[PDB]
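Working notes for the structure below.
To find a chain's letter, count down the sequence lines: the first is A, the second B. Here chain A follows the PDB entry for its numbers: 3-86, 89-109, 115-162, in order, are the residues you see. Here chain B follows the PDB entry, giving residues 3-86, 89-109, 115-162 in order. Quick check of the header: X-ray crystallography, 2.1 Å. All ligand and atom numbering here is 1-based and tracks the order in the structure.
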2 protein chains.
Amino acid sequence: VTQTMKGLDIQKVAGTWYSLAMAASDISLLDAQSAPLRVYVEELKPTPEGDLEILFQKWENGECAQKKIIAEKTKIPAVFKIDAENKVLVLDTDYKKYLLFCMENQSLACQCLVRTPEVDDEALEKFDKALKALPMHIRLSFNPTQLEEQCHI
Amino acid sequence: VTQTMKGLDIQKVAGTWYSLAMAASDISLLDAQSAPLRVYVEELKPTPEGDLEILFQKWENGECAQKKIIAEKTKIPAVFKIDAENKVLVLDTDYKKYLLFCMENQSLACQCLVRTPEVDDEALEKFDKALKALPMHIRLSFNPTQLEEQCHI
Ligand SMILES: CCCCOc1ccc(OCCCN2CCOCC2)cc1
Ligand SMILES: CCCCOc1ccc(OCCCN2CCOCC2)cc1
């Protein structure tokens, strides 16, 4: 991934988001509800120190779990670390409407986040252009009804 | 689906094909290996009377089954019936290289077939343009290694 947001202000991505679409390099990363990168973003909480707390939902052991992770800042404003060593990259955002991001170790999953439970064609067009560059083999998108449900059921 | 091949010659789609990509209106139609429209085309055998015999593979009861169905001709050369009542529509083909088709009852799944175990960017570009018109929520594509495996494992 060689697309990062120039001039990202991480404080301005705070608040409510919706995983409108997801894509990944390998089908098994997104195919089942319990697939390991099938994660439904709920909220972004950037720290004063410029780390990024992420609230999301994930299907585990036949139910919709609440999850929290902290993505630690790097010297690049648009790149963050989750290690156990995995990177979060912010590709593009207008803060008000949409945010595109990828998670990578090579394995890769990207999402189109939106602020509201609505299908944003413009945001989906920007997400498809960013994926043109990448070796994706699965792509999912959700309707407004699913966006208001736990784990997009 | 309002895209059909003008002037289809069904005899000329005979022989070997590869399901390079699939898409569907609903995620559950393609998400698991055992998902009901996860079908891997092997061969098309048009009859002299202009019906279309289809050999494909499908994952069922934890294994890769061989399957045969006959799609019966209609008054429209590009449209065929499988009833239990479901339509097969040929969108576009050059006979030599690629064939795009959709199956519909509304539920909808479309494939990009190719003649060889190779990623045909041109064919994938034509498949993405045909899907622009349609309400797809899942899309899959396979690498050359998977295309040579039973059930694309
Ligand atoms: C704008 C930033 C959005 C990033 O949102 C997420 C990034 C990574 C996530 O990871 C969820 C779990 C994936 N990893 C599996 C391995 O252990 C660490 C977590 C979840 C949301
Ligand atoms: C150019 C024509 C290619 C069409 O290929 C197929 C069309 C339909 C298929 O259906 C497989 C099973 C789907 N139906 C489920 C309900 O019962 C009838 C079959 C398989 C290949």
Identify the macromolecule bound to ligand 2 in this structure with the most contacts, using its name in UniProt. Beta-lactoglobulin
Which drug molecule is found at ligand 2 in this structure? pramocaine
For pramocaine (ligand 2), which other chains fall inside a heavy-atom cut-off of 4.0 Å? B
Nearest protein heavy atom to atom 19 (C) of pramocaine (ligand 2), by residue and atom, and its distance? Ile84(B) CG2, 4.2 Å
What is the listed source organism of chain B in the PDB? Bos taurus
Identify the protein heavy atom lying closest to atom 11 (C) of pramocaine (ligand 2), giving its residue, its atom name and the separation to 0.1 Å. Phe58(B) CZ, 3.5 Å
Looking only at protein heavy atoms, identify the closest one to atom 14 (N) of pramocaine (ligand 2) and say how far it is in Å. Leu39(B) CD2, 5.0 Å
Hey, quick one: is there a covalent bond from pramocaine (ligand 2) to anything in this entry, and if so which residue and atom? none
Atoms of pramocaine (ligand 2) close to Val92(B) [distance to a heavy atom under 4.0 angstrom, numbered from 1]: 2 (C), 4 (C), 7 (C)
Interfacing atoms of pramocaine (ligand 2) (cut-off 4.0 Å, heavy-atom, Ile71(B)): 8 (C), 9 (C), 10 (O), 11 (C), 20 (C)
Identify the binding-site residues of pramocaine (ligand 2) using a heavy-atom cut-off of 4.0 Å. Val41(B), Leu46(B), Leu54(B), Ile56(B), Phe58(B), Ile71(B), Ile84(B), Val92(B), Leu103(B), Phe105(B), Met107(B)
